[PDB]
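Record below includes benzylpenicillin (bound form).
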Amino acid sequence: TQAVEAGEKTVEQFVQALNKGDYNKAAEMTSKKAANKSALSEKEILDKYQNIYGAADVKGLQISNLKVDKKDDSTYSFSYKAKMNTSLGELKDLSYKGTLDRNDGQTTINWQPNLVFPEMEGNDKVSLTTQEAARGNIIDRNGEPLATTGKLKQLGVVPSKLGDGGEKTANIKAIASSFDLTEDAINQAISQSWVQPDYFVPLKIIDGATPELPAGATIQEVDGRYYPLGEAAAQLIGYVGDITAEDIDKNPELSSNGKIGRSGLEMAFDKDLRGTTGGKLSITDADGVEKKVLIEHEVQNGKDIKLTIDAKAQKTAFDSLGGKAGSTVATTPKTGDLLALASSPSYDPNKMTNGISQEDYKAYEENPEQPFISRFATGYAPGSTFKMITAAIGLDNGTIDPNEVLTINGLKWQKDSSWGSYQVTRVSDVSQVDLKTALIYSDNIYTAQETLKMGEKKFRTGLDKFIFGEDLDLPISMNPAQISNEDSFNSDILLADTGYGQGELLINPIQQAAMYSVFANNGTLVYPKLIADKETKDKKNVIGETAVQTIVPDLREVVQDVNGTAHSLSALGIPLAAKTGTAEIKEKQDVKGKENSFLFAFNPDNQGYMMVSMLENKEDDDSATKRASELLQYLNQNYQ
Ligand SMILES: *C(=O)[C@@H](NC(=O)Cc1ccccc1)[C@@H]1N[C@@H](C(=O)O)C(C)(C)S1
């Protein structure tokens, strides 16, 4: 029985060597070649496993229900059940039998071809036929396509039908001029090592209409992934790339010929979009006639995915950022439907998924404004926009009297002399400041004093009723918002800065839209939703109804009052409640610090839409309010 345990260890080591993919190690655990022992030599067994398991992309061999008993003086029968993963899914309940040979002081496996698959005889062969699945679509709330499989017009040249050294340069310059292509790049393409004279060398995809084709140029129809909105949704949707051998080694169910999601929703929803590969894995006779079918299922095309996104709102929100750094979130605040998630600047996902030059890709990566960032999912200090949450907290716990008038003299203020050189700063020298005045002029000193008056304990008590620390049920990679680094401020200065949205606060635009939805639901926080069919989830009694009915009229005055910080939006003539902000950021990079512009706005009459826009590292005389007119007009018209 001390040898039965040795045979157990031998079978375990053999299964492990197969599982780890080291077929040489597994083959060396077999006895010598014979008719009573192993059916093949070690190198023959290695090539058999390598060829067959590699053809089926076998990964993760796991055994169970093992039993091994003595059969003769040196024979030891073993048996187990096996499960393994292939290109067509899981092979479950595989019954493996065999024999072991004990000799001298070592136990080896009398190898037989039934140790590759249970029903394999002498020189049986394995066949695998597969049908690739079509990738599902991503569509907006009205069925318009955001990511589909289209028929693209590929442009290319045949170097043989181009010229003979003289007319070649003429046709190269003609094809380079008539298609906005660098004339040096065309020759760089027809001079790669893989090119041959009679070959078709692709260059670029033609977006729509096909110009006149000079000599050598030809248009071939090629089907592939297509993104209609382009850069306007590139961060959200993402792109797909060719599947590599390493992708297959990680997940065998990928079609070693299809496309895999590399970023955004295409990657987050890769499983539901790529479908399931159909086909048949069968054992055949040595002549080629089928013996038994191990696996067989038919193709399952990927299912479509419908988003809450509005395509027209998405394109308008993106275009309004003029290619500058920033982002925009538009929701229906009563349900959380994310109408638009724009981030700028952006990259071309169509030229990214087809053929992207490595200098173009390095330009995207080295761009200081970083077009690959999903800015709607990046944490920022919310700026002066955060006042209206602090004020709502101050109204709930009774610290703030909406009509009590603080007397503020100057543009700088500090609690006492212990603050040193630091002082809270406002832009407008208004002497008599109450709550409505503070929201209209965006007065930091009023907010800082009221925050210090209510104290850290009451402040954090009101803040904890929001979504700080929560992970929203969204297929977008993001970090949870935070009030500060630790659970305590341990600083009056940091407490005041957090009071007007400027401390260690980190809230991304989507989390901002969720927190600010309280003013459109009488203090109920409505979680944002991106998938159209999901049910609305909310969180009641975050702030009081009295605080909403007090602040929202003041937010109307931020627009309508002649000195309100959002008064330019009065030109729209639509019911608006807004709040602006300008956060100062110390970014060690160049001359002094930069600043971000923020705008929050929603319809206070019907609560039909809500918008949060930002400009990151803004230019002088630039702001989010300056650019919000078009998106606000659209949302006001189409979302009552
Ligand atoms: C809120 O964020 C406030 N911003 C500051 O106090 C810092 C600052 C930075 C640059 C210029 C001026 C002030 C106020 N909110 C914005 C705004 O609503 O646009 C103001 C510029 C009114 S300050």
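Since chain A takes its numbers from the PDB entry, the residues it shows come out as 39-678. Side chains are part of it too, since the values below use all heavy atoms of this structure and drop only hydrogens, waters and symmetry mates. Whatever order the structure lists ligands and atoms in, that order sets their numbers, starting from 1.
In the deposited model, the macromolecule with the most close contacts to benzylpenicillin (bound form) is named by the PDB entry as penicillin binding protein 5 (PBP5).
For benzylpenicillin (bound form), the modeled covalent bond goes to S422 OG. Residues of other chains with a heavy atom under 4.0 Å from benzylpenicillin (bound form): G421, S422, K425, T463, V465, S480, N482, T603, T618, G619, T620, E622, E633.
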